[PDB]
Amino acid sequence: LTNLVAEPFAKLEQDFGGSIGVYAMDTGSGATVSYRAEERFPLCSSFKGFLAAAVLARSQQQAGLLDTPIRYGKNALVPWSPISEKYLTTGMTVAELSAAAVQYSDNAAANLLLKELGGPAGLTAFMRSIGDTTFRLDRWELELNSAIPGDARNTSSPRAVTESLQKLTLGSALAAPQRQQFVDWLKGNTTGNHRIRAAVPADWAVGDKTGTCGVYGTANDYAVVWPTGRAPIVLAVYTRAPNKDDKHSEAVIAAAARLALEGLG
Ligand SMILES: *[B@@]1([O])O[C]([C]C([O])=O)[C][C][C]1[N]C(=O)[C]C1=[C][C]=[C]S1
């Protein structure tokens, strides 16, 4: 029979002029909401959350890695580096670069941290090591953002994103001190006020990571949500659209997140 849970998501994507992918897990009950959950969508800047987690994992066994100053020059800067552009002569620690990448989507900080892992291949290998077979990243900023329809490079699925997010924020993929730092970085994100955060009651807590490729209507958000009186919810909302000049929509992301939270048992 027709999937009645799915119908309002299909209407939402049709109104948007593209495709929406959603996965949500109630970690209390095991309930889920799923819509195109296993389809691939471009990661865009949402990869930077997993980047910071991979650096935290490395930091467990490399004493003082997170505390290490990185002295970079202007050759490291690229567009949308509002934090990094301020520390050319003072540097930033690995922890500070991680916070910038997570909480401001700083592009230069992301590329500096990719270098610490052995590039996009190194981050992909970390994701394989936690059991994520879907995540693919093979470019640096800005090239990973092209988001061309049918290109599986630099993509993941809403379900894989959510599964990996739960392992890293609530499960055992990081040691507790590192898990906690990842949570605190996500909670302090500044870029997501119009996406999943706009979908929750104001008294719920949220940690999230956004991404915006912009072209091909492509943008996303994933989050861990601590609802009043409930176990955490983990969810991912990704969008794409067929034409290069199609515009992404924050409001559509928020609307999809609301339907997920409503449908979720
Ligand atoms: B990233 O894909 O997304 C960031 C914004 C976000 O977290 O939602 C900005 C940096 C990356 N994108 C780009 O460099 C292109 C941009 C899109 C809108 C602002 S910059």
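The residues of chain A that appear here are 25-57, 59-252, 254-291 by the PDB entry count, in order. Each ligand, and each atom within it, is numbered from 1 in the order the structure gives.
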What does the PDB call the drug placed at ligand 1?
vaborbactam (bound form)
Name in UniProt of main chain bound to vaborbactam (bound form, ligand 1)
Carbapenem-hydrolyzing beta-lactamase KPC-2
Which residues and nucleotides contact vaborbactam (bound form, ligand 1) at a heavy-atom distance below 4.0 Å?
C69, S70, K73, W105, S130, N132, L167, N170, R220, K234, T235, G236, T237
Tell me, which protein residue and heavy-atom name are nearest atom 13 (C) of vaborbactam (bound form, ligand 1), and how many Å apart are they?
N170 ND2, 3.8 Å
If the cut-off is 4.0 Å to any non-hydrogen atom of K234, which atoms of vaborbactam (bound form, ligand 1) fall inside it?
7 (O)
Would you say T235 and vaborbactam (bound form, ligand 1) have an N/O pair spaced under 3.5 Å apart?
yes
Got an N/O contact under 3.5 Å between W105 and vaborbactam (bound form, ligand 1)?
no
Mind telling me the covalent anchor of vaborbactam (bound form, ligand 1), residue and atom, or none?
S70 OG
When you measure from atom 18 (C) of vaborbactam (bound form, ligand 1) to every protein heavy atom, which one gives the shortest distance, and what is it?
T237 CG2, 4.0 Å
Overlap: UniProt beta-lactam-binding residues in chain A and residues with a heavy atom under 4.0 Å from vaborbactam (bound form, ligand 1):
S70, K73, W105, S130, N132, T235, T237
To which protein heavy atom is atom 14 (O) of vaborbactam (bound form, ligand 1) closest, and what is the distance rounded to 0.1 Å?
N132 ND2, 3.0 Å
When you measure from atom 4 (C) of vaborbactam (bound form, ligand 1) to every protein heavy atom, which one gives the shortest distance, and what is it?
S70 OG, 3.0 Å
Atom indices of vaborbactam (bound form, ligand 1) within 4.0 angstrom of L167 heavy atoms, with elements:
14 (O)
When you compare vaborbactam (bound form, ligand 1) with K73, is there at least one nitrogen or oxygen pair between them that comes in under 3.5 angstrom?
no
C69 neighbourhood, listing vaborbactam (bound form, ligand 1) atoms whose heavy-atom distance to it stays under 4.0 Å:
2 (O)
